[PDB]
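Structure (with pentostatin).
By convention here, the first residue in the shown sequence is residue 1. All heavy atoms count here, side chains included; hydrogens, waters and symmetry mates do not. For ligands, and for the atoms within them, numbers begin at 1 and follow the listed sequence.
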Amino acid sequence: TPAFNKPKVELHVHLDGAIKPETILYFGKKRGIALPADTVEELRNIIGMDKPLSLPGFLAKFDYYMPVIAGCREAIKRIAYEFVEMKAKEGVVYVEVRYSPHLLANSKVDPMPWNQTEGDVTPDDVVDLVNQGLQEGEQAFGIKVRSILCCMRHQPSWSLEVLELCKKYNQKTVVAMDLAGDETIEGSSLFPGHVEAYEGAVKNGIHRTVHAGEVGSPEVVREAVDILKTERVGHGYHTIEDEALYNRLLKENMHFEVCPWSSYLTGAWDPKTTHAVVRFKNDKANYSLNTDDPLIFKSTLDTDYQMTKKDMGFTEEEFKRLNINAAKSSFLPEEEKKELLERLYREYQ
Ligand SMILES: OC[C@H]1O[C@@H](n2cnc3c2N=CNC[C@H]3O)C[C@@H]1O
Ligand SMILES: [Zn+2]
């Protein structure tokens with residue numbers, strides 16, 4: 001019995017972090033590229049985490065399988081189509097999937113990812129492949145699916161290029177720009193390449209979202225807010241350590257993309273302490289419950305909801321409110337956003 005068997009909205013989930021173990025296996029075999037395990041079950045266990053690690057610790061999991069997906073046109077599109085299917089089955093009526101286009105490419109990328117051998121798959125090409133898959137997934141399963149292109153904290157040179165992709169494919173799936181990666185890199189939020197990209201997004205009406213306060217101090221959330229101009233904040237658990245910033249963001253209707261299970265596994269959340277989302281709930285903050293990387297976390301959307309239900313005390317009421325809030329704070333145009341709110345309100349009666 002799921003915790004909330006009613007329509008949901010997810011804004012914070014990773015394409016490259018939500019691939020099926022079966023599909024990873026398929027391509028490892030088909031391409032003759034190696035994997036840390038030979039069966040889907042053994043692969044699940046080695047790519048997945050059972051206990052809290054660290055942000056850098058969690059990031060090492062992509063090395064296991066990315067090499068097998070990156071560079072193959074049929075793989076990139078396939079995981080996009082299968083993603084939608086996975087969400088539809090979760091009750092998700094609207095989702096925004098994030099991914100770094102450069103990390104799946106094998107041509108026109110200076111630091112060649114995963115030691116790939118030169119190919120013809122351009123970062124731009126991966127954006128077009130993902131669009132097709134998500135769009136076929138929408139038609140095929142009946143849920144609205146949009147994408148978000150991720151700037152990598154350790155590679156600011158890719159940033160202005162991400163900005164262009166968001167411009168080029170504006171609303172043709174791409175709805176916003178993100179900043180993901182290793183938040184422990186002191187001052188990465190402020191690298192000129194990242195800064196320039198967000199400043200440009202503001203001048204061009206491209207929506208912005210930034211990971212901050214996941215593992216970093218509230219000072220990083222302030223960089224995201226003041227310099228980067230985020231509309232939303234990925235994670236943001238640490239914002240509450242700076243009361244003034246918290247209540248300021250609270251009073252500004254800042255949307256927090258919360259991922260309960262994720263925060264536990266990465267170490268972002270000290271389990272010995274009451275989760276930030278409980279304060280968020282009690283303060284009637286504008287937030288959402290997201291999965292982040294179901295693959296690496298061995299989870300589904302019901303994992304976060306149950307967690308917040310059994311522990312933390314979330315009610316059906318708070319789930320509806322929380323989802324309506326995600327709908328309002330989505331990066332969709334007004335017309336489409338209304339359509340969404342109609343769906344939720346219709347199916348919430
Ligand atoms: O999708 C682009 C990149 O983002 C990383 N990424 C995936 N999940 C997370 C990441 N980034 C930072 N914080 C924790 C968690 O939300 C890996 C991936 O290659
Ligand atoms: Zn994330």
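- Here, the model contains pentostatin as ligand 1.
- Taking the chain with most contacts, the partner of pentostatin (ligand 1) here is, per UniProt, Adenosine deaminase.
- By chain and number, the binding site of pentostatin (ligand 1) (heavy atoms under 4.0 Å) reads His12, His14, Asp16, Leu55, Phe58, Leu59, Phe62, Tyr99, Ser100, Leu103, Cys150, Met152, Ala180, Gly181, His211, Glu214, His235, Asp292, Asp293.
- Pentostatin (ligand 1) places these atoms under 4.0 Å from at least one heavy atom of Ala180: 4 (O), 11 (N).
- According to the deposit, the organism of chain A is Mus musculus.
- Proximity to pentostatin (ligand 1) (heavy atom under 4.0 Å) is shown by these UniProt substrate-binding residues of chain A: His14, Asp16, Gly181, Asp293.
- On a distance-only criterion, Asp16 and pentostatin (ligand 1) share at least one N/O pair closer than 3.5 Å.
- Scanning the protein for heavy atoms near atom 15 (C) of pentostatin (ligand 1), the closest one is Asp292 OD2, 3.2 Å.
- Of all the atoms in pentostatin (ligand 1), the ones that sit under 4.0 Å from a non-hydrogen atom of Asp293 are 7 (C), 8 (N), 9 (C), 15 (C).
- In chain A, UniProt Zn(2+)-binding residues less than 4.0 Å from pentostatin (ligand 1) by heavy-atom distance: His12, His14, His211, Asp292.
- Close approach of pentostatin (ligand 1) to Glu214 is summarised as follows: ligand atoms under 4.0 Å from at least one heavy atom of the residue are 12 (C), 13 (N), 14 (C).
- For pentostatin (ligand 1), the atoms sitting less than 4.0 Å from at least one non-hydrogen atom of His211 are 11 (N), 12 (C), 13 (N), 16 (O), numbered in the order shown with element in parentheses.
- Residue-ligand proximity, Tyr99 to pentostatin (ligand 1), at heavy-atom distances under 4.0 Å covers atoms 1 (O).
- Atom 6 (N) of pentostatin (ligand 1) has as its closest protein heavy atom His14 CE1, 3.4 Å.
- Lab note: closest UniProt active-site residue in chain A to pentostatin (ligand 1), heavy-atom distance to 1 Å, was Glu214, 3 Å.
- Among the ligands and ions shown, the others lying under 4.0 Å from pentostatin (ligand 1) are ligand 2 (zinc ion).
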